[PDB]
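Shown here: ACT-709478 bound to Voltage-dependent T-type calcium channel subunit alpha-1H.
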Amino acid sequence: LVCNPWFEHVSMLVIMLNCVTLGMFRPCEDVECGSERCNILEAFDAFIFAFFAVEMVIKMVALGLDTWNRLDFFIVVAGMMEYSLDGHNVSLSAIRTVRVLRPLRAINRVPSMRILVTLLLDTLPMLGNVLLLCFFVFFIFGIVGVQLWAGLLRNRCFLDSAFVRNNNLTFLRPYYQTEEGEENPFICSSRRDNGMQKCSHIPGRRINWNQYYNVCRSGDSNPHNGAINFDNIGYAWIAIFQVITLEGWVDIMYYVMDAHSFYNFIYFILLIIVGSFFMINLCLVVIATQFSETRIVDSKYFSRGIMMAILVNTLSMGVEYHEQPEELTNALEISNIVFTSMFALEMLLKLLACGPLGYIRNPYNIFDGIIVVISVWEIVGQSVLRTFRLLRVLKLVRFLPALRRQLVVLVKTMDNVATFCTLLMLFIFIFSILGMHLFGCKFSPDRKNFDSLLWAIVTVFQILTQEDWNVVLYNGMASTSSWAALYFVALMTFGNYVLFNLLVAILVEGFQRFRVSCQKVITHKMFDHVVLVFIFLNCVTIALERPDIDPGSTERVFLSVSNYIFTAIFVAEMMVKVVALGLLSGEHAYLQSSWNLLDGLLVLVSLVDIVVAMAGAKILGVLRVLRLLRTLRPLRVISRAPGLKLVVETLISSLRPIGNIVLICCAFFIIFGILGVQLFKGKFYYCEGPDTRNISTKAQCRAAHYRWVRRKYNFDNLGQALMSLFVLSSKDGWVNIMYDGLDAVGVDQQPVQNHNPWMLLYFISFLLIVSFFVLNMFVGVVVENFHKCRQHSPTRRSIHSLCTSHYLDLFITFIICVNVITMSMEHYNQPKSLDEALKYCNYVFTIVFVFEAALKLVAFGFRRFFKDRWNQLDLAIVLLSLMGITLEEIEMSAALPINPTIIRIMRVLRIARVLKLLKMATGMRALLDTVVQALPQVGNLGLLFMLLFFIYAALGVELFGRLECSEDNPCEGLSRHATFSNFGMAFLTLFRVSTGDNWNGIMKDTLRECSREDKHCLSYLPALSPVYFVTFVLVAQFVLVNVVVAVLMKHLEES
Ligand SMILES: CCCCCCCCCCCCCCC(=O)OC[C@H](COP(=O)(O)OCCN)OC(=O)CCCCCCCCCCCCCC
Ligand SMILES: CC(C)CCC[C@@H](C)[C@H]1CC[C@H]2[C@@H]3CC=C4C[C@@H](OC(=O)CCC(=O)O)CC[C@]4(C)[C@H]3CC[C@]12C
Ligand SMILES: CC(C)CCC[C@@H](C)[C@H]1CC[C@H]2[C@@H]3CC=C4C[C@@H](OC(=O)CCC(=O)O)CC[C@]4(C)[C@H]3CC[C@]12C
Ligand SMILES: CC(C)CCC[C@@H](C)[C@H]1CC[C@H]2[C@@H]3CC=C4C[C@@H](OC(=O)CCC(=O)O)CC[C@]4(C)[C@H]3CC[C@]12C
Ligand SMILES: CC(C)CCC[C@@H](C)[C@H]1CC[C@H]2[C@@H]3CC=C4C[C@@H](OC(=O)CCC(=O)O)CC[C@]4(C)[C@H]3CC[C@]12C
Ligand SMILES: N#Cc1ccc(Cn2ccc(NC(=O)Cc3ccc(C4(C(F)(F)F)CC4)cc3)n2)nc1
Ligand SMILES: [Ca+2]
């Protein structure tokens, strides 16, 4: 019965049988319960539920009155309720959702997956300190958000009530809305605010009604069918949660910049730094520590000949592109024959030298043999075996022992990844079925739908990548209810929790006479400090450059002369140093260090700039190239600051251990790049027009007077494929590239939705494989740091007793906690009754804190009380609170000598009372202290991070400073808020690119061709744009990785 293993094996079979029936659910074909197919499936379910009841009875009888056993009971009890409740039509459908817990029974049946889930549950209790930090971020920013922006996103430009009445016309729509509709609302700034969007910015008619929408007042709905707003703490947390995921966070920012103030970016910068970066990466640090505590053939020249023969053949496959000349196609086929014969000859020579049994004795010769026959089969059989010619690159592993040793290391990591993958596939399946029940056939149909198991799994997988997940959120919120946000919050929170544990698992298994004067000047202690001043001043000059400076303005003269002065200063510095040290003769010569070589090249470029500028000559093309090299001057700061020099040298040395993983990843990119070109070249064209459902070919598009256009990210050649693959790997806009590959039909054919669903394998295989390599690169950097780190008064006494006792602290904690609850009840258009109640509560809290200060003064004495920092903090809040009440009362009275701006700030600043709770949080303070101890390392990397922004911010203004956006030339990433028009705006744009939020949209705007009528075009900008964004994205993320490592190592050593 229970003491035999076969009974469990029977239980496992039935558990798997349920998973099949659950996946067969059809949301809008099974809910009506009409089809015979549904009838048998429910019969199947009834059969299985009967066994699950029997299994309990036998086990209950055999053991009598373990978490997993309790789970078995809970599932059946709920199942019995649903099963027995049949007959009552009230909420019967809403009760069938309990069937999705059944696959959880497979956890206990599989031993390995049982042990893993035990560790996951045992690690949870030690995340309480991080969870407490999460509450502080959400509540501090949640309250600040509501008090600032409550009800502002309902603003719309309305018609005047008198205007519509007196003119006796009501055909106009009440408020201005774009032709698109309410999905692109025009949020205006009220009269009592200074938002960036006013009703005077409405475009004119394209018979002048748009100029009569001149009153800005609250509307009826918020953006996205009411999903995005700050009307109460409940909605402010959804906006804060979406920002922390870095998905569509700029859009939320732009809404409040239009409605409230431009300086609201400070709110979203701190939230991303504090909430997105530190608070999410502290989860990884805490788990990481906790988990740790818990005669001719054999010749070298012959081998080299084959090695280069394979390499040329593999690269020759990348010369394919869309419109190949037929002679080029033939050359590739002739080339295939030559290389095919060469490998065939090789097998013959080796077979004779060792014989068939000797030849088979080595696995690699077997692998090489199989390729030859398939390749020969292809020639004799003259598109299925053309794709298999990509396997020829795998032969290079034999000749690359260093790379071969890395491949086995990665493979050994996949033994413990498989355990987590099995848990994640079960995790995805449960949420895919759960979504089908909640949102099945209700997103009326969007491609991101839960209408079937295939696209429910794809949608759930997409949310885990955090790509357009907010689009799915708004659909779920609008269709069923606003509480549907908990489906996505639990899916993301639980999914990222499991993926951190996979990263930690790999880490732990990884741990297991004039010349005399010059010599004196350069050796002077103040030499670097003096030159560092001039370098800093040059930065101010570079940052003032922008395209809108008039050639004849005074500023242009100021900037132009400063260039002559600065170039003169930095040649003298080089000349003085060169004379002192010598150019290259002596051992201490000038060119014996790279940091000196860099300085010389910058000086050389500056001199050439003067020479060219001195030319009244056809040197316009060369001049623009020199302007780009003038933005690298700020690189001279690194050598002058010893802190920067050390960190910069540390990052370079960190790339050595992961050099081979990068090579394997780069080889992977080319292999998949070539494969994509063969599949998708010439098929990413489409017809662009208002009514295109009737078009099916290029010819019909021309007839309908539409335009036949190509996607920005395509696979027309290996150059275009590599750009597309990088956008996939970054997981920003990777769904749109996938859709194009799914819809591809052929050359000159209109793409059709979901034409080839089998292409999901191509795009989802690249995402997983590239993510695996990037996972092992992070582990490679950490392990290296670990290895190198380890190698290296009768009445007064009674009051004094009370203050010393813990009773006062517990009382204070209660008072602040209730003050926390009352601060969350504020919302837009709250009743006046609640206003008075909240105001009265403020009086009680202020009085309590005043008594709190008085008693401590009595107990400890004036100076001794003041010594404690916490006591100082207590005084500030009491003092701060007293002024807030005073300004509130006087303003509420007849006299009005105060600005409603000051009253708002004092109202907002009462959020500081939460800091009194930080005193009780001893565990949280220790967690914060770990970061505070890493500042010397994190501080220097921050300077490198801010230097990286300066160089690319100044380089962006030069390249993309003149791009325009208009209805004639629409743009997808750039807007009124995202531009490179000046250094100040380029800095904000790169911060968005740093977080990866629709950075692929910005790149598109730089790849789109120049107008035939416009001037100041740059013909090869499309070639330079991919380099600009690719390098910044890789470099910006790598620096942040080294910040995470610096904190991680300190937390390990600190224990
Ligand atoms: C650390 C704190 C938690 C962080 C988790 C972040 C994600 C939070 C998302 C949960 C909030 C979802 C509810 C949003 C809300 O309050 O407003 C919706 C609701 C209106 O719903 P209708 O669609 O019917 O609107 C039509 C109106 N006739 O608004 C309300 O009625 C307000 C009731 C709730 C007040 C806000 C407090 C909610 C408590 C949230 C706790 C969630 C914890 C999750 C960890
Ligand atoms: C060494 C660096 C880090 C010093 C600090 C950076 C400054 C040089 C930046 C920060 C703010 C920037 C300013 C922000 C806004 C403007 C307004 C704008 O000037 C205009 O002509 C107004 C717009 C218009 O013409 O309609 C663009 C330049 C300027 C002065 C920017 C010039 C460069 C500034 C001063
Ligand atoms: C080779 C690996 C190791 C490194 C990556 C190098 C790539 C960036 C190179 C290799 C092959 C190159 C391609 C070789 C041939 C062509 C065809 C050439 O065709 C045309 O000019 C298009 C004519 C037309 O169809 O109208 C355009 C450049 C392109 C795609 C090249 C772009 C740059 C590529 C992809
Ligand atoms: C390997 C990963 C990390 C990506 C590395 C950066 C690539 C995205 C860069 C490197 C070289 C770039 C290419 C260099 C030259 C050009 C110019 C131009 O080439 C063409 O002529 C193709 C278009 C045509 O057929 O007209 C268009 C962009 C392209 C292919 C670039 C596209 C982006 C590329 C592939
Ligand atoms: C302290 C933390 C753990 C939150 C829980 C405390 C509750 C006592 C507070 C938090 C937010 C408050 C809500 C904030 C906003 C609103 C909306 C307000 O107006 C509406 O019903 C608006 C309906 C809509 O437009 O969706 C009614 C009171 C209510 C539910 C409040 C009731 C009291 C709530 C739930
Ligand atoms: N100032 C500033 C600033 C602040 C925040 C932002 C946006 N951002 C948030 C986070 C972030 N990067 C990082 O955490 C660095 C990192 C990248 C990948 C990993 C992985 C995995 F865990 F992901 F798999 C193991 C491979 C770990 C660490 N960037 N941008 C600029
Ligand atoms: Ca995105």
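Note that the numbering runs from 1 along the sequence shown for the chain. Ligands are counted one by one from 1 in listed order, and the atoms in each one are counted from 1 as well.
The full list of places where ACT-709478 can be found here is ligand 6. Shortest contact from atom 24 (F) of ACT-709478 to any protein heavy atom: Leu775 CD1, 4.6 Å.
In terms of protein heavy atoms, atom 16 (C) of ACT-709478 is closest to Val1041 CG2, 3.5 Å. At under 3.5 Å, a nitrogen or oxygen of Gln1037, whether backbone or side chain, sits near a nitrogen or oxygen of ACT-709478. For atom 13 (C) of ACT-709478, the nearest protein heavy atom (residue, atom name, distance) is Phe277 CE1, 3.8 Å. Atoms of ACT-709478 found under 4.0 Å from any heavy atom of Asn281 (numbered from 1 in listed order, with element): 14 (O). Protein heavy atom closest to atom 6 (C) of ACT-709478, with residue, atom name and distance, is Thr995 CG2, 3.9 Å. Residue-ligand proximity, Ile272 to ACT-709478, at heavy-atom distances under 4.0 Å covers atoms 5 (C). Among all non-hydrogen protein atoms, the one lying nearest atom 26 (C) of ACT-709478 is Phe778 CB, 3.6 Å. Residue, atom and distance of the protein heavy atom nearest to atom 8 (N) of ACT-709478 are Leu246 CD1, 4.0 Å.
Of all protein heavy atoms, the one closest to atom 22 (F) of ACT-709478 is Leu503 CD2, 3.9 Å. Near ACT-709478, meaning a heavy atom under 4.0 Å away, lie these transmembrane segments of chain A in UniProt's N-to-C numbering: 6, 12, 18, 23, 24. Among all protein heavy atoms, the one lying closest to atom 31 (C) of ACT-709478 is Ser994 OG, 3.4 Å.
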Could you pull out the N/O contacts under 3.5 angstrom between ACT-709478 and the surrounding protein atoms?
from, atom 1, to, atom 2, distance (Å)
ACT-709478, 12 (N), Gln1037, OE1, 3.1
ACT-709478, 14 (O), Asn281, ND2, 3.4
ACT-709478, 30 (N), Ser994, OG, 3.4

